[PDB]
Peer 1: 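Let me begin by handing over the structure; questions about it come next.
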4 protein chains.
Amino acid sequence: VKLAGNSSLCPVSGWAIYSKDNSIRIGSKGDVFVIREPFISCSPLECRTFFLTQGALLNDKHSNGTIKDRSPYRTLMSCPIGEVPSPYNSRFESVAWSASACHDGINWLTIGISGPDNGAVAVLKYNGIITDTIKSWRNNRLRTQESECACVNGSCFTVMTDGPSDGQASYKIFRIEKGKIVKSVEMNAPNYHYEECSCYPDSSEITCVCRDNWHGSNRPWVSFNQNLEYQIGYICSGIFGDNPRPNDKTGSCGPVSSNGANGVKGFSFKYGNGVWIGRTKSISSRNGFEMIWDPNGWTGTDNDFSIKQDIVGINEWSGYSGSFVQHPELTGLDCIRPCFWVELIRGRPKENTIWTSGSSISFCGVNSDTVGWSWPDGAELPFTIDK
Amino acid sequence: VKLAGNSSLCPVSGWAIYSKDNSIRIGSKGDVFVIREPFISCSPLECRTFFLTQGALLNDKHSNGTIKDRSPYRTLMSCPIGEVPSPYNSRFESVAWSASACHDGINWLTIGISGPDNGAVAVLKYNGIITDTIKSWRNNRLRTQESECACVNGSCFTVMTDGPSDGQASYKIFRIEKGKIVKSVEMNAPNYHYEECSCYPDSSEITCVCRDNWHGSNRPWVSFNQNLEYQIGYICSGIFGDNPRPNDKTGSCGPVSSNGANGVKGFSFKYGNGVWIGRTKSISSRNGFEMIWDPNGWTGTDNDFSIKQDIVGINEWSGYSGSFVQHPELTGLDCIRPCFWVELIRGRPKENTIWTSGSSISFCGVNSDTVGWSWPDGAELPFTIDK
Amino acid sequence: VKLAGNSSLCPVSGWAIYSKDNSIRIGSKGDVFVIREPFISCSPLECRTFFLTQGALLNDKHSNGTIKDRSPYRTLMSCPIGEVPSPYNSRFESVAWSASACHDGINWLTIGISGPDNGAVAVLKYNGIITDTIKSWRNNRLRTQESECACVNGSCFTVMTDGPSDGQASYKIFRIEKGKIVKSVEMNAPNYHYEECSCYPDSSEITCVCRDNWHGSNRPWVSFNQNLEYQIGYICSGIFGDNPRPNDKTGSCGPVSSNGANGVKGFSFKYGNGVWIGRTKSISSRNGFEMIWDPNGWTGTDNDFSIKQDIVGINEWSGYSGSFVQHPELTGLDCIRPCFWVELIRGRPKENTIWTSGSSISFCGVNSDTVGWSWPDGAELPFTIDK
Amino acid sequence: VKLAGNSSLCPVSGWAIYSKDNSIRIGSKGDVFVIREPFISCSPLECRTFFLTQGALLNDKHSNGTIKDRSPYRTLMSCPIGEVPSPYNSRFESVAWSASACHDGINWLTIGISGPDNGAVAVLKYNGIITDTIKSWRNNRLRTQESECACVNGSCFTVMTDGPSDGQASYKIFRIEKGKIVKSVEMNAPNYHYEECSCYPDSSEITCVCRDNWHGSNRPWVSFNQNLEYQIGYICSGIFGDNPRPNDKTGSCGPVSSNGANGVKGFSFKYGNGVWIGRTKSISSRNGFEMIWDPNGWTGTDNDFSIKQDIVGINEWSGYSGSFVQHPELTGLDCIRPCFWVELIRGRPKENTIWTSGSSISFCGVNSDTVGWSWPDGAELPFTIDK
Ligand SMILES: CCC(CC)O[C@@H]1C=C(C(=O)O)C[C@H](N)[C@H]1NC(C)=O
Ligand SMILES: CCC(CC)O[C@@H]1C=C(C(=O)O)C[C@H](N)[C@H]1NC(C)=O
Ligand SMILES: CCC(CC)O[C@@H]1C=C(C(=O)O)C[C@H](N)[C@H]1NC(C)=O
Ligand SMILES: CCC(CC)O[C@@H]1C=C(C(=O)O)C[C@H](N)[C@H]1NC(C)=O
Ligand SMILES: [Ca+2]
Ligand SMILES: [Ca+2]
Ligand SMILES: [Ca+2]
Ligand SMILES: [Ca+2]
């Protein structure tokens, strides 16, 4: 039966660790895919990890030059959550250097973008069958979430971007049914910039927290209903959510220009005027990670907060992060549970290796007792392939 | 329920990438079978990759001398599409140095030919159980499609060849039910030559596009109904489909003798007088690949064409190619969707290695937007086993 | 349907070997997790091996320093009984450096403790979904069974410990339903010490045999009904069950202070006044293993016994051991069958390696003929990674 | 539903190759168990390969000394037919240095013998649960078929041997239901010798062809009904079936003393007075293999034969062989199909290696066309571990 998506987010006081795959550590010997931009999504029966391979294994020569973002060798694959991404335990989804996926309760929808930078095509699959395609409309690296799409009442929603990553671009919202695009709309967002949206369902509507790679060290957001009637803005909190960023101070309801160039995929959960902010501990690089509750951070520019939970140490590598949800249909609860994953990036450019890859950790929001700590990657680089 | 096979091919304007396994790249470290002549076929529930192993893994000593076509060690195995062919994820089908397979909607039929060059026997299995055999009738390398057989209304059809590969030979059409041969007929084709047929269902009849290894740089074809009442001919288009071949010029409805010796397994899709032609970019070797639409190419000798889509670069290795279909029972469409796979051959004879193997890519025909590009093998030879 | 748990233990005259995975031997080449504290538990359909990984594979550099008990890299995983614990065949359960698991007949309950030594949190999962958490209440290494929890009539029971491991600590009994804690009680046990309880169901009540790490070379026990109304004591037999211990002599119904410091996880089965005692053959180190029937050993201090069966040779490595049961729902018997597993520890601290790991053997209680022998680990250390 | 076992063997004119796993070749790099005495057995849904591991992988140090027959490390495992026996694809059955297995249509029965030479115990499992045990009654290497047991009308039958392997011993027939021994009888066979019986069902009765290791270069046989009312004898044919043996001449209905010491596990199929004989091509060592039809060979001493089919070349390694059947319930036929497997032994004692292991091939009896050939192991010894 199709996910209803009409309940609100569950109240959350803390985050319980959900999984950790130790990919890099194990790939030191085992047969583990070189990967990046992993993410988690759940069917009514299980939770899977999606990832973009580089068509190579760790500690092999073909892992060389994997700093590179796009190529014909990259593919979208998935394995069970907490398991290592291996050729022996991973299912093939699509050929892609950018992707999204989500389960509407009936079947898996996957979105895989491949092809040249000036004419990339997104292939939509429903239950493993090609159901639709969309070609670049600006001919400049058509790209998408790199996390799960959001499903409500039999429809799945995603956001896509085409154009410059350092200037005004084009952003479109899609409504998809049975892997078929049934409605789309371009966002009227002059001076905004959207990348790698983390979108989730909440009371029959979708909320996306994204990445301003242009000129915003705070995060941009889009919320829309099933008819794609949307609203835009930036998270107001003085607790800046992007990386790099400036030290915490007074925030803005518009793009915070200071340290606003570049960025990293992230997320956040809106509760009334309050916000759950996941972010790196460092303001300059992709190190550490922490969850921060600002009861007034969604609409207020104050730099205060009530709660702060450690996820990854300040001196440890982190990277991308994104949201995923567990619907009532899966949990048996009467509300949509917020979860999140973190990508722990190892290798280039920060380390002396020929390769770049990441492992993952994940947490779920609970109202019972929790605790901070540091669950880092834990691999020792360089590897033998790098010597 | 059994596939009806009575709808016509879906109209197709372009080809969307469906899968890529990156076998050679991964086999550089992982435990991946040395293989060749792979192909794809679909049950009403999934799509699998079939392949002939050499009973050896890449980057191992036993991969040595794998240039050789036939031997007792070769076996027919299958794994899920897009996955690497590994001993840890592959299912054993049959002992074979030549094979075909297809699902009639109820169960898998596999055809595996093994034994000596002068008395090979084809073993038919239905749902993994031996249901029939056929021995060589000309005692000269009994061989078959190396791609999926075609199923219609509970019957599966294949084509087999016995005799010289550089002169007139013998070609038979078979009708098979529950893995049991219920009717066969010899093709009356003096001056024709058939090898490695790519056959597909279309409106209750079967169409096969094959390989004239004798004296034809254009492709031969056979079409028959369920009672094995057939027609033969050659694709007329001046867009020659085999390799090697001459530069494009005026074609023929008979075998184009020029550069007609040798060849490579290929395919094509007939739409009225028009044809979808898949072929290498090079006219001399197995490099590149492209899809070309000639609205008059099936029955006309003109060397014109409306559409051309790049699949593999001119300077990249290709190889065999073949068709497969997804029936309405699988897709939910009201027509039979045309798909195709390409074998990317690496190693001998063109490269300095002790071994020969291939990886695969696949596409499906869509009417939505698509794009050309190059999705090559991407491995760096020689391997460590070759040093 | 939920396990009834109301039948009594089956009479048992001997122990039949049930499984052996040969993990270390195979991990010498294969991709096998470095593990410790493994244990077995059964659903109404199968029996699985649970284990705590160190996030590393044998014969790899990351296996280094695995003597260490707790860290963020450790995870709870499971595979089918008798199979090697591998990334390619193991299912991920939870992030944990201490754990318990058990099936109530409907779904799997897993308990994974992670976090810092001064604030560890136990995460309860039911069917893979987080259902509850418990934080350390003494802020000193919250820890649990390291073996299966006990289920009766739809409720699962475990025992947890927080505080010193060399002095008085705090011990709590939990009642859990659908992975949700519905009742708990602190044990009033001054001068007792409980660690790593081996608990089993018997006639609608739970019996736990544990490890006094403080001052008892005989084993402590807890028995309670569904309402958590409990009794405590120590096994009286002069056949001391812990390691290290003194030579057999007159026992005590209280902690035997002599050689009472430290210990090792163990178990025992109560039959009236009699006891089935599993223990190391050595009184000083973790070598050998034997099953001993003392018809008066539960309540009597005599050092006599009727039956003695060899499991592991005196000069062979052993380690932890624990009980598991097979309910009538699984076996078809009208009684709860007692089984047990043994952890064969290799590496540090007793051997010259950088790593520490264990393999496992298991037996089931039968009333038919059996025999003693020695089923040791059988690996040759050091490994190549240690050179 | 339970196998009826009441139809007769299907008429067979030849043997079609069914599978080949290429284990040794692949284990040169892959993670493949060192094994010996493999065998095949079928459930109503699939056919599996059973084998005794040595608790080690090929090309690893622990494979050393695997010439040895019995040890605590050996285990009974199974994987799908034609697949390599790997820790990543094999299911654990039982701890054993001798075994049998068979499916009664409802569940798998496995028999695993382990323990010391002077008190071995056979553990019977039904659907993975221990259901019974039998201890050595002569205290001299209790051993069994090393091939599938035979099932008829809900009962499974096996033969076991205890005592000298070079003199008179003790042989018992067992009737087993739900893994529980319900009847047994000792064979009154003075001057006979039985080892490693290949037993099959035929018209509600069981026929076993075995190995006289004492003083018979022709094969001994036992046939019994469900009540264990039996008959004994030796295959009369002058086509001697054991190895070693003398050149073919006039046979005997008693043990052929000439070259009668030692032997090798084999099989044969009785059709009236005629016999299908599988045997090595060499009379002195375990090389080659061939199927021979002697229409009068069961009861006649003539050294004539009608049909001879090559399976393995004279100069290629062979080894054990055994029968297995596919019941009507599996095939849909109205008769029990005879199949057979061959073990291709590599390594010690005949080759310069530290290890010993085997791969397998299998065939099924058909009435359609077949052909002889040689499907050998195909590995190049020694391996790197042997250097
Ligand atoms: C093309 C712009 C885009 C967003 C800024 O770049 C991303 C940033 C990179 C990064 O900041 O880590 C990694 C992503 N793989 C890349 N996405 C693609 C499709 O290349
Ligand atoms: C026997 C003739 C046949 C068709 C020309 O050869 C094929 C060509 C070879 C090729 O051109 O690549 C490879 C095929 N493996 C081979 N088929 C067999 C059965 O050996
Ligand atoms: C923290 C005390 C506890 C019980 C004595 O230590 C155990 C003993 C160790 C041992 O004696 O082998 C190994 C266990 N992994 C360890 N448990 C934890 C959680 O660290
Ligand atoms: C114990 C006698 C027995 C039959 C002759 O030996 C067999 C012969 C050996 C052989 O001839 O190859 C291998 C078998 N693994 C062995 N069986 C056992 C249980 O050790
Ligand atoms: Ca930014
Ligand atoms: Ca040609
Ligand atoms: Ca103690
Ligand atoms: Ca003999």
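So that the names make sense, note that chain A is the first sequence line, chain B the second, and so on, each numbered from 1. For this deposited structure, the header notes the method as X-ray crystallography, 2.4 Å. Whatever order the structure lists them in is the order used to number ligands and atoms, beginning at 1. Note: hydrogens, waters and symmetry copies are ignored here, and every other heavy atom, side chains too, is used.
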Peer 1: So what's the drug over at ligand 3?
Peer 2: oseltamivir carboxylate
Peer 1: Can you peek at the structure and tell me the main thing oseltamivir carboxylate (ligand 3) is bound to, named as in the PDB entry?
Peer 2: neuraminidase
Peer 1: Under a 4.0 Å cut-off, which other chains come into heavy-atom contact with oseltamivir carboxylate (ligand 3)?
Peer 2: C
Peer 1: Looking only at protein heavy atoms, which one is nearest to atom 20 (O) of oseltamivir carboxylate (ligand 3), and how far off is it?
Peer 2: C:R70 NH1, 2.8 Å
Peer 1: Heavy-atom contacts with C:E37 under 4.0 Å: which atoms of oseltamivir carboxylate (ligand 3) show up? List them by number with element.
Peer 2: 14 (C), 15 (N)
Peer 1: Decide whether an N or O pair under 3.5 Å exists between C:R211 and oseltamivir carboxylate (ligand 3).
Peer 2: yes
Peer 1: Within the structure, does C:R286 bring an N/O atom to less than 3.5 angstrom of an N/O atom in oseltamivir carboxylate (ligand 3)?
Peer 2: yes
Peer 1: Answer yes if a protein heavy atom lies under 4.0 Å from atom 6 (O) of oseltamivir carboxylate (ligand 3), otherwise answer no.
Peer 2: no
Peer 1: Which organism did the depositors list for chain C in the deposit?
Peer 2: Influenza a virus
Peer 1: Nearest to atom 10 (C) of oseltamivir carboxylate (ligand 3), what protein heavy atom do you find, and at what distance?
Peer 2: C:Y320 OH, 3.0 Å
Peer 1: Okay, next thing: residues with a heavy atom within 4.0 Å of oseltamivir carboxylate (ligand 3) - which are they?
Peer 2: C:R36, C:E37, C:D69, C:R70, C:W97, C:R141, C:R143, C:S165, C:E195, C:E196, C:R211, C:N213, C:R286, C:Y320
